[PDB]
K.L.:
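Here it is, the structure in full.
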Amino acid sequence: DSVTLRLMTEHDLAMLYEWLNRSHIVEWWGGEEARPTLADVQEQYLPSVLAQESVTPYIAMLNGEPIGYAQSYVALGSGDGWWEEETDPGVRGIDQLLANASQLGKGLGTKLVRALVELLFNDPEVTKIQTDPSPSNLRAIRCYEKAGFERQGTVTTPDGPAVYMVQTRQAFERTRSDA
Ligand SMILES: CC(C)(COP(=O)(O)OP(=O)(O)OC[C@H]1O[C@@H](n2cnc3c(N)ncnc32)[C@H](O)[C@@H]1OP(=O)(O)O)[C@@H](O)C(=O)NCCC(=O)NCCS
Ligand SMILES: NC[C@H]1O[C@H](O[C@H]2[C@H](O[C@@H]3O[C@H](CO)[C@@H](O)[C@H]3O)[C@@H](O)[C@H](N)C[C@@H]2N)[C@H](N)[C@@H](O)[C@@H]1O
Ligand SMILES: [Ca+2]
Ligand SMILES: [Ca+2]
């Protein structure tokens, strides 16, 4: 059915910790910080701490069950080394994961990304959404393409080379109807 988003709260942190230590997630999420301890997740993902980095955390919901984690961020407002060429404060980036190995490759990630893109463009200040999957992460790249993102090129980030992908507000508008 329909994938929706709610703000993550401090009450979700234990659950997020469990998720971040599942093998299908560890593979693509964490980097240096792969397999975080409970304290790590509590210290790093508390919504008020993420707020200091211009990051907003969400829980993805399907049929009343939490099925994944997502975040949006102000690109111009990111940590040292991140998006240092950005000039547009309207640019938002996203990252996300599906909690359950059993639910991968069945279109749910595309639904989640579409829901996040729609949410973000419902802020009229937002001009463009970006994402930055690893070049190794072909599944994530395809999901993003299915959700309306276009590959731009390779960029150097603090987490290594990434495939920079974008979806502009104009593109989103044009694709809302076949009219
Ligand atoms: C990335 C993620 C959100 C994508 O969600 P998903 O529901 O698995 O993706 P979807 O099923 O919606 O779409 C994936 C597409 O990639 C293709 N694909 C699937 N596995 C693939 C693989 N191993 N290599 C290349 N392409 C693959 C699928 O065929 C599908 O395309 P198609 O519909 O044209 O056939 C999810 O797989 C996930 O959370 N993975 C672990 C964490 C992660 O990688 N997060 C993203 C970091 S940038
Ligand atoms: N797309 C999946 C990736 O998402 C996260 O990395 C994002 C990164 O997120 C930081 O990491 C913590 C929450 O994940 C916060 O500190 C944010 O600053 C963000 O600051 C960058 N602007 C974009 C990065 N892509 C993960 N950190 C990373 O491990 C994972 O591979
Ligand atoms: Ca406003
Ligand atoms: Ca149209």
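Residue numbering in chain A adheres to the PDB entry, whereby the residues present occupy positions 21-199 in order. Both ligands and their constituent atoms are indexed starting at 1 by order of listing. Header lists the method as X-ray crystallography, 1.7 Å.
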K.L.:
Choosing between narazaciclib, ribostamycin, evobrutinib, which one is at ligand 2?
P.N.:
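The compound there is ribostamycin.
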K.L.:
Report, using the naming of the PDB entry, the chain with the greatest number of heavy-atom pairs under 4.5 Å to ribostamycin.
P.N.:
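The chain with the most contacts is AAC(6')-IB.
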K.L.:
What residue and heavy atom of the protein are closest to atom 8 (C) of ribostamycin, and at what distance?
P.N.:
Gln91 NE2, 4.0 Å
K.L.:
Give the atom numbers and elements of ribostamycin that come within less than 4.0 Å of a heavy atom of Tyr65.
P.N.:
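Within the 4.0 Å cut-off of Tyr65, ribostamycin contributes 13 (C), 14 (O).
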K.L.:
Which part of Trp49 is near ribostamycin, with near meaning a heavy atom under 4.0 Å away: side chain, backbone, both or neither?
P.N.:
both
K.L.:
Is there at least one protein heavy-atom neighbour under 4.0 Å from atom 16 (O) of ribostamycin?
P.N.:
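Under the 4.0 Å cut-off, atom 16 (O) of ribostamycin has no protein heavy-atom neighbours at all.
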K.L.:
What residue and heavy atom of the protein are closest to atom 23 (C) of ribostamycin, and at what distance?
P.N.:
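The protein heavy atom lying closest is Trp102 CZ3, 3.5 Å.
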K.L.:
Among protein heavy atoms, which sits nearest to atom 18 (O) of ribostamycin, and what does the distance come to when rounded to 0.1 Å?
P.N.:
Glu73 CG, 3.9 Å
K.L.:
Show me which atoms of ribostamycin lie under 4.0 Å from any heavy atom of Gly50.
P.N.:
29 (O)
K.L.:
Under 4.0 Å from atom 11 (O) of ribostamycin, is there at least one protein heavy atom?
P.N.:
no
K.L.:
Could you pull out, from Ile45, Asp115, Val61, the option with a heavy atom nearest to atom 1 (N) of ribostamycin?
P.N.:
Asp115
K.L.:
Please indicate, with yes or no, if any protein heavy atom is found under 4.0 Å from atom 27 (N) of ribostamycin?
P.N.:
no
K.L.:
Using 4.0 Å as the cut-off, what other ligands and ions neighbour ribostamycin?
P.N.:
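Result: ligand 1 (coenzyme A).
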K.L.:
Ribostamycin and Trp103, any nitrogen or oxygen pair closer than 3.5 angstrom?
P.N.:
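Yes.
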K.L.:
Show me which atoms of ribostamycin lie under 4.0 Å from any heavy atom of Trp48.
P.N.:
30 (C), 31 (O)
K.L.:
Taking heavy atoms under 4.0 Å, what residues and nucleotides bind ribostamycin?
P.N.:
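Heavy-atom neighbours of ribostamycin: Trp48, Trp49, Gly50, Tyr65, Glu73, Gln91, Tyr93, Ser98, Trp102, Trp103, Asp115, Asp152.
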